[PDB]
Asks: 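I'm reviewing an experimental structure with fulvestrant and have questions.
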Number of protein chains: 2
Amino acid sequence: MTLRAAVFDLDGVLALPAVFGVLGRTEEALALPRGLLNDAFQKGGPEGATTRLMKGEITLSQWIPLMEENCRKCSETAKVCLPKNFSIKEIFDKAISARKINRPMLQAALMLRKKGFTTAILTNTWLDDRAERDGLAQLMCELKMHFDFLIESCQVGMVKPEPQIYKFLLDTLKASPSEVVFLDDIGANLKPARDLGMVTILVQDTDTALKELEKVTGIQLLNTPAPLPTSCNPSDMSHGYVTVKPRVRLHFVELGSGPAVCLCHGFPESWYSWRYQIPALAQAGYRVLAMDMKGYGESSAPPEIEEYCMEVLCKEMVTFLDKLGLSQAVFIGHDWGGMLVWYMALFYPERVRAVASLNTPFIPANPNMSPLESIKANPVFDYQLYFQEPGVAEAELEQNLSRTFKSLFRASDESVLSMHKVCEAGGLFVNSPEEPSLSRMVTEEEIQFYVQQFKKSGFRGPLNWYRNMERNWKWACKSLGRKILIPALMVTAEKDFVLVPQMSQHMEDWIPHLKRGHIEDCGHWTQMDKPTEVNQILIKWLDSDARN
Amino acid sequence: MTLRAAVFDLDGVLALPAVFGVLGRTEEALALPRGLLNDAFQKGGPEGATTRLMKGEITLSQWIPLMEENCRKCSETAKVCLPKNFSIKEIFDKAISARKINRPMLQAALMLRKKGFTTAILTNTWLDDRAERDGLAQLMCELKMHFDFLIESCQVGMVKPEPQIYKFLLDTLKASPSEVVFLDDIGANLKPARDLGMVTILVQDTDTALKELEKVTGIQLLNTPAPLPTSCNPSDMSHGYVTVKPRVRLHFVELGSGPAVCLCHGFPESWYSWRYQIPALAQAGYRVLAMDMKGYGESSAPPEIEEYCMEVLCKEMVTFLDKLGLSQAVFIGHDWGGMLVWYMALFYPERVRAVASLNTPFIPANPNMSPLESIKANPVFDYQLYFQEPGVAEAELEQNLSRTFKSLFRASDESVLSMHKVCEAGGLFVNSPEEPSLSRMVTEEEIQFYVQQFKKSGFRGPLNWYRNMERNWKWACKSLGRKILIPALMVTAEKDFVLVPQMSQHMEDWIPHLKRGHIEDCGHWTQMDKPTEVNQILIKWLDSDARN
Ligand SMILES: C[C@]12CC[C@@H]3c4ccc(O)cc4C[C@@H](CCCCCCCCC[S@@](=O)CCCC(F)(F)C(F)(F)F)[C@H]3[C@@H]1CC[C@@H]2O
Ligand SMILES: C[C@]12CC[C@@H]3c4ccc(O)cc4C[C@@H](CCCCCCCCC[S@@](=O)CCCC(F)(F)C(F)(F)F)[C@H]3[C@@H]1CC[C@@H]2O
Ligand SMILES: [Mg+2]
Ligand SMILES: [Mg+2]
């Protein structure tokens, strides 16, 4: 009554198992005198080597010998001999990579931050200059995105339980002592907090710690449902810009290091449709290049229809790689991005490390029949005839941008359109609501981002993708001799009623080594409908097929 | 009289050794009947499997079995048995990675393109879907940057020596038959060219081919001096944008895949100062992020002096990594970038994969003496006192932007300034020319790029880097306990008279494993003065120390 901020210790609170645990275990393993190693660590007290380390006076690699000094003469006071193969670097290396994020604590912090809490990490830690310091660096990267502040002892020159660092914390949070909970696995670090008037929590096991936190904050933290993957705030993203042609510039969002993964969105979407998988895939060891496909967002949207036929579209993606200096990327696509992705594989497989499509099956061209005839045969594609005459489909979709996306971006059990007889009634929205309810898949804010984006170039660019049926037919017919023998994945969505899974049923004919994925209760808008299981599928397939 | 275009075959002209050579060699190795393999390759003629392959009807992996079919029954006509361990995939894999760019031909083409020729590659080649097709993909990437067109048979559905493809070529070059030379290692591909009125050259050995080309073009191609590394045209580059703070956005150019290499330029420069090493390093297997440092170019240039002290500068580079999703990058710096780079290592070594500096030595702070006193002691730093009073140094450097860079960017034997008594005379240019001659290091065009860039935010941002001596002194003093134990390089420039090499002489005290480099006849502007030997040094050290 009333907290506003949450401060989490790192070792033994946000990250487990703690590194003090690898003191005690090593001793028992080596049958060393109880303590010894822990006595060497704490040797010297406030003026000891470990306190200098934690204040950033010296680096971890400077400390290793100083720590061994302490283990040499702690063992000489008890007249004990160190073991033949002792390496305090080796012990501490293992402890550090063994340490991993305590997931239920990290969720608990997100939850509190979702509800208006100012969260921060307060940790005694070190300037890590070891050969394998990249391990911890990643751990710290993943963590810090989720907190307003990361206060490390070696960066600020102050260390727990010194009262001064707590005053720093308060000053940094811009909050009074009784407005902040501080959780830590050490009694001594809580006393100074309590003295300023802070609520503290002695963290032993994680579950009991949350109960306390839960109780004192009055917000459900334990047992809450599995939360969504990390989303992307556009202004934190790295934005990239490549001109591939006189008046064609492609825009993309970049995040991660590793093999290039190029995400190609569908109709009527944007790079932001991959908001749930950009961070995930980065995290999985990949360099995500999430595209604004030509016609959309901050990519160019030149008026000409011809500019959006698959061939020119594909060539431009090649030029995009060329200018970025990439010999390959693994292309992953959805809806129209899917179609295009498959064609990159068939026409430029030297540039495609691997290929993957959500929802969109690879269907080869029918060399006898023209596709404009085939699409009249199947009434679920009746909306595509409507999209043919330039200007008509634009007027409606632009009439009210908000209404348009709210109406489109819905789960399969939230349908608000009649699918067929679209030319019949003359409009996609004819008998649809002006102010539709907000779908469970998308917040108000996420919609308005799409709204923002389509205010630049509208729907002429996007719709033109449907206006090169004949031209793409002729092109694809050149590939009818070919097959796909590079790694390929097909993810089907049970309840995509327009890109039905049955359409993919013959795909192993032209792609014999095709791997598959399937999602129950999944509409057309796969990525925001089932982001958790999409990432799970894609990462697994990336790690197994797209690298090693 | 007069050519305007040059067309180069790939296999056996721009890339050696040719893949037909790995037909003949394999036969001799295996004591196979003369021909056999070559007979299987050409089997079927215009309607054979190999002709289908070259037209993009089928992929390379589709062709392997069809080629083995032909090697099964070519050997059965002579009643011969194939060897126990025959694998026509294995033979062709080796041939393809063994094939490498014929460097003197590639130079010859650049030269011709430098002199107004429209260059193009005309090659019979294939849709490569092998497991190891990334090898050839890179080879093709490196090549195509240097040519206006790359015309592959499998992309256009036409093959040499079909007359139609030559007509395509002419149409693509927008040039008449007698305005184009076509070089190829096969007689049959020259006849159709000659019939339209083309000049041809039968390429056997490379040297004799150039003599012919040389003779018919009337431009020195053989024996010409070692040309400069590939430079960067800004509009072909990928441009990146990250906001690291409310009103601070960092801009960078990106090229390459692999470990992150972050290039930090000096005063008064830009990302473009690394124009010679961006492509090189990309090529060496690295992902180059060439920065516009805060205060410069399309990066923000906020007025406040404090915004350019090393600490905030460094933190922002950390945030830059954070938002790009990078746990580390290898930071390489020059002049002021150098100083900053060293401090990243001392304050954030978990984020620095390795560290490197051109010219700028690491000198630790003198904890007793304030640096503003030290800089008056040494008259070569007299220009830095001049840079202290806000506004004065700006007025002069902005007075004439062209004059300013022309005056600065000069080699050591082209000096046009008096170095000391700068406060004395009151100006960097006091007794310097209004229209200086154009330095051998920089074309007119390269200067005007710098001019363009500094028209945005001028010199307030840049100069402020020199205006936090006291604040950076206090900061650096915190590191006086530390050492640098991550991989580190120091490149010294013989004739940098302001960043003299002797300044670096004690650096192994705080950086015991420091590796070194030195360049003779090298001024302060290392990168454009000696771009060839800079890349050589940096790539070697990157490959040895920054990876494996
Ligand atoms: C398989 C096919 C013959 C070959 C056709 C073909 C071949 C090559 C090519 O480049 C295009 C096509 C058209 C295709 C059209 C099939 C594409 C299937 C859809 C994949 C593209 C994007 C689906 S996107 O419009 C769904 C958006 C729904 C929605 F956004 F909610 C909307 F608001 F309703 F629009 C091929 C024909 C379909 C039936 C016929 O048997
Ligand atoms: C080593 C030093 C004591 C410590 C000083 C220090 C410590 C920490 C710190 O952050 C800054 C300094 C200032 C430094 C200043 C030394 C920096 C040497 C220059 C590296 C920074 C950029 C050189 S840049 O101005 C050259 C541009 C030349 C030019 F562009 F052509 C210009 F037009 F002339 F300007 C340290 C003192 C110098 C002498 C004294 O013994
Ligand atoms: Mg702890
Ligand atoms: Mg050839």
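Below, chains carry the letters A, B, ... as their sequence lines are ordered, and counting in each starts from 1. Note: hydrogens, waters and symmetry copies are ignored here, and every other heavy atom, side chains too, is used. Atoms within a ligand are numbered from 1 in the order they appear, just like the ligands themselves.
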Asks: Quick one: which ligands or chains are fulvestrant?
Replies: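 In this structure, fulvestrant can be found at ligands 1 and 2.
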Asks: For fulvestrant (ligand 2), which chain wins on contact count (greatest number of heavy-atom pairs under 4.5 Å), named per UniProt?
Replies: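 By most contacts, it's Bifunctional epoxide hydrolase 2.
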Asks: Counting non-hydrogen atoms only, which other chains lie under 4.0 Å from fulvestrant (ligand 2)?
Replies: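 By heavy atoms, the other chains are B.
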Asks: Which residues in chain B does UniProt mark as Mg(2+)-binding that also have a heavy atom less than 4.0 Å from fulvestrant (ligand 2)?
Replies: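 Counting heavy atoms against the UniProt list, it comes to nothing.
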Asks: Find the UniProt domain of chain B where most residues contacting fulvestrant (ligand 2) lie.
Replies: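 According to UniProt, mainly AB hydrolase-1.
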Asks: In terms of heavy-atom distance rounded to 1 Å, which UniProt active-site residue of chain B is nearest fulvestrant (ligand 2), and what is the value?
Replies: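 Closest UniProt active-site residue, heavy-atom distance to 1 Å: B:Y466, 2 Å.
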Asks: Report the overlap between the UniProt substrate-binding residues of chain B and the residues with a heavy atom under 4.0 Å from fulvestrant (ligand 2).
Replies: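 Heavy atoms under 4.0 Å from fulvestrant (ligand 2), UniProt residues: B:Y383.
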Asks: Under 4.0 Å from fulvestrant (ligand 2): which other ligands or ions?
Replies: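 Found: none.
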Asks: Which residues make up the contact shell of fulvestrant (ligand 2) at 4.0 Å, heavy atoms only?
Replies: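 The heavy-atom site around fulvestrant (ligand 2) is B:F267, B:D335, B:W336, B:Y343, B:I363, B:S374, B:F381, B:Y383, B:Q384, B:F387, B:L408, B:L428, B:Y466, B:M469, B:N472, B:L499, B:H524, B:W525.
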